[PDB]
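Heads up, this one has SAR247799 in it.
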Amino acid sequence: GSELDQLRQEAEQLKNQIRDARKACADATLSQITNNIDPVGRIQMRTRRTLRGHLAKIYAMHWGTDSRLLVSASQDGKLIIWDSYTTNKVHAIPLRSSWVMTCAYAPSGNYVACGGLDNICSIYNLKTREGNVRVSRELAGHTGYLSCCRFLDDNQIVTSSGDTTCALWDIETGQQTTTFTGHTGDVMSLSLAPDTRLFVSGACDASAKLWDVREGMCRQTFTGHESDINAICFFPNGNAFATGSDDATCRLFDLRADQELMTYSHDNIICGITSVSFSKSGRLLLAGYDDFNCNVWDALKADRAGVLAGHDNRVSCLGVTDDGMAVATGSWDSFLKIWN
Amino acid sequence: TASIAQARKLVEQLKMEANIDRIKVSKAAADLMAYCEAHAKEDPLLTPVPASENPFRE
Amino acid sequence: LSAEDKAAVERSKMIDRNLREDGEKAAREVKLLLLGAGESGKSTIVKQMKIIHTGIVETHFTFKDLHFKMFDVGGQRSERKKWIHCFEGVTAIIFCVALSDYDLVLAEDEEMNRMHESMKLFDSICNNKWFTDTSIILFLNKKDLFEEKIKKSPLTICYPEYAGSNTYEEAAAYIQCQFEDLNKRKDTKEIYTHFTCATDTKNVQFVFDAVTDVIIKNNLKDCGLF
Amino acid sequence: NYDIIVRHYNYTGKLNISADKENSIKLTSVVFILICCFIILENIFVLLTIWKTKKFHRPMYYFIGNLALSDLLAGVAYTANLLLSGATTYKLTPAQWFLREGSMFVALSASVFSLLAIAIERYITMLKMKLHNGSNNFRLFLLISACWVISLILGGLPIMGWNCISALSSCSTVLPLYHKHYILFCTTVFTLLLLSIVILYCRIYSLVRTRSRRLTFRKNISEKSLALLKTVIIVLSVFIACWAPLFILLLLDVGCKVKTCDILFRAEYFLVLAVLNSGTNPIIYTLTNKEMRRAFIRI
Ligand SMILES: Cc1cc(-c2nc3cnc(Oc4cccc(Cl)c4)nc3o2)cc(C)c1OCC(=O)O
């Protein structure tokens, strides 16, 4: 009655004034500000390593904090930990349930985090006296399938599940320390910050929201998309972030002001983004696609500057190493490739 | 009634978010491109790397 | 070739050997997905004296020489579109439909007579882009209740176009042809039909026959002799 | 040298004292070179079609490519032999005369061995059922090498032994300077290969029928067996019905004596019929399969 109609009319005026404030502060575009700078030349990249040994599709990959070791996760039920510079393997951890979609490497190189469609999470330990791998925790309590999970510290982890929620957990306690809710679809990916302390996430309700890690409530919301958000990445500076989608329109947003800056798109692409990663300068914005190749795009000019077509099936995971000397791509054809 | 609580917490979120400050997109992009230009000297991805400094080389 | 490099190569060789050894035993197990509505009797089939071993609840059983593996994906309330591409190499998709629910109103939503939304679900799962060469083996649920109810209840409420008699045979055949007429891919995939029987041996033998027919067809297509 | 060749041809009677001008003026030659050019065309389109698609990489496709390459070599061998047939009773050394026939025999044996290898591989794959179908490269390499080596050895054997250059009584009439024992060995090999192929295909069909009909007794509302039978009868009918004439001609040659049978001077038609059969393999081996014709329609 009066309560409900007053409440949503007040929400209407609040939304209108928020949109007015968003429009007022926008005076130009990144293209206008950077209309005088040399375009990046044609980028040539060649495969240097052809890591093989998986017998199913590849769904995730995460670089270590040393640029020496990788992690994969196939549907065969394996969590091979590769070792670059040699192509040899160092671990062949077998999973319990062969339904995995996430990976995580600890920043100190001690533990590995895994989790898929079985509604639980696992933390395997590497540095042990036995010289093997043993499950130390089996964090459970979610309702939907886990979409992503990235380490926050050596004793703190954060996860996002398909029941419109995220959870900041606590290892060695097995308790959901913090809960984040508000989404209406399902959180498909999230990214951390260079200094942590904040994290952004995206769902299938055509939205992208930022969350603090202490008080536990959404700060702002960034709409604009017309499709699902199944990929996200954070700028190294910490004041902007990219966003993929299933309709091949990469977006670049701003934390300081909720604005639309870039609209990365073309006319010969009708597929969907799968992964997005930045570089130290934040100039070469890599991206994945369903049309069997990865197209690296310049961020400032918002135009194509190279194609990494070397795969057979859809690319599913993509990653830039920490210091930066190569990138890793993994598709459904059971092949990991190292471009440089 | 769950709907009234949903609406009231939604409007509380909206009004508490409305108090955030806003910045000029032009100067934000200026700092963005300044950082991009500054932290690009080595950048072994876009800058060509010598063969002797290429670990991923046989 | 130093000592540590040789040790690393030996470790990699052992890891690869073990992985290849373990990857062959998993290539001889037939995977069968299971689907069905809420009150579609998915609990009784997995309890029907055959299964030995939230989210996925994988079940293992063995018949003759084949080692089957059944995934009961029923605990998920999220969108089926974002995780259905994982099940792409499945050999078959068992489907259960409740025959004794042609008149009861669907829960929490009026109408659809507990069968119309079942036909929409079957249409959505059959005419998919990932399932183009997978059988749609279909089990028809409780029939004793169906035959005792149809003897004294009207059928035209769910299908107001049927002028036939109220006998068991004609009604069952009409339901079978209605469910079998939604297969748009008439040349690639085939749908089998079976009325649920109390005996476990009948159902298990039907599943075995269907999967061995699928294996024969797959081998014929692989050899190029099809 | 030249005297031996002319003496052998005079003894056989094929010299005919050829006094025709250098011009070919033969309609048979032109129609046959157009036919073999068509064969080469079909083979080269098959080779490009199988090469372009990345999906076509299974060992079945490798055997098909082997057969296509063998047919391509056979067509070139036939056209080379035909273009040089005019100056056969003069202007030729025994070495080149033997080389022509050796190349011809290698080209006409490689295709038969490729068909045998394809049948063996199909029987092996169909004998045991697997959920995921694959093959070890060892067996593929072994077969694809052994067929070529045995064909080359069979072709190159006459160049040194069984050359009939000394004996004037054991030389055949269709092909002078050839001992009949080599012809008998070749025809025994051919009939053994035919028997093996027929037995293998019959066993495949019988296994499929027995496994399908008896084991499965589901409800009712067998096309696989009918399609398999149709394919088997088509391939066997083509193969025997268009390799029989050369078999019969070789048997008639080894049976008749010199200056006894006045029919053998017609081998060109039987040879071109055999080459036509070898050429029309891709039609059968791509028309039956749905996917190959779909890809061809796409291309
Ligand atoms: C030039 C020429 C060649 C041939 C000829 N080429 C053959 C190749 N193979 C076989 O037997 C096979 C064939 C295939 C597989 C096996 Cl296992 C044995 N018979 C052949 O006959 C015949 C005549 C009349 C010729 O013309 C006479 C001239 O030179 O003037």
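Chain naming is simple here: A for the first sequence line, B for the second, and so on down. Using the PDB entry numbers, chain A covers 1-340, in order. Sequence positions for chain B are given in the PDB entry numbering; the residues included correspond to 6-63, in order. By the PDB entry numbering, chain C shows 5-57, 182-354, in order. The numbering of chain D matches the PDB entry: 21-241, 248-325, in order. Start at 1 and go down the list; that is how both ligands and their atoms are numbered. Heavy-atom basis, side chains included; hydrogens, waters and symmetry copies ignored.
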Every instance of SAR247799: ligand 1
If you rank chains by contacts with SAR247799 (ligand 1), which one has the most, by name in UniProt? Sphingosine 1-phosphate receptor 1
Give the letters of all other chains with a heavy atom closer than 4.0 Å to SAR247799 (ligand 1). D
Which sphing-4-enine 1-phosphate binders in chain D, per UniProt, sit with a heavy atom less than 4.0 Å away from SAR247799 (ligand 1)? D/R120, D/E121
Enumerate the UniProt transmembrane segments of chain D, N terminus first, having a heavy atom under 4.0 Å from SAR247799 (ligand 1). 2, 3, 7
Define the binding site of SAR247799 (ligand 1) with a non-hydrogen cut-off of 4.0 Å. D/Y29, D/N101, D/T108, D/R120, D/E121, D/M124, D/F125, D/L128, D/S129, D/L195, D/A293, D/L297
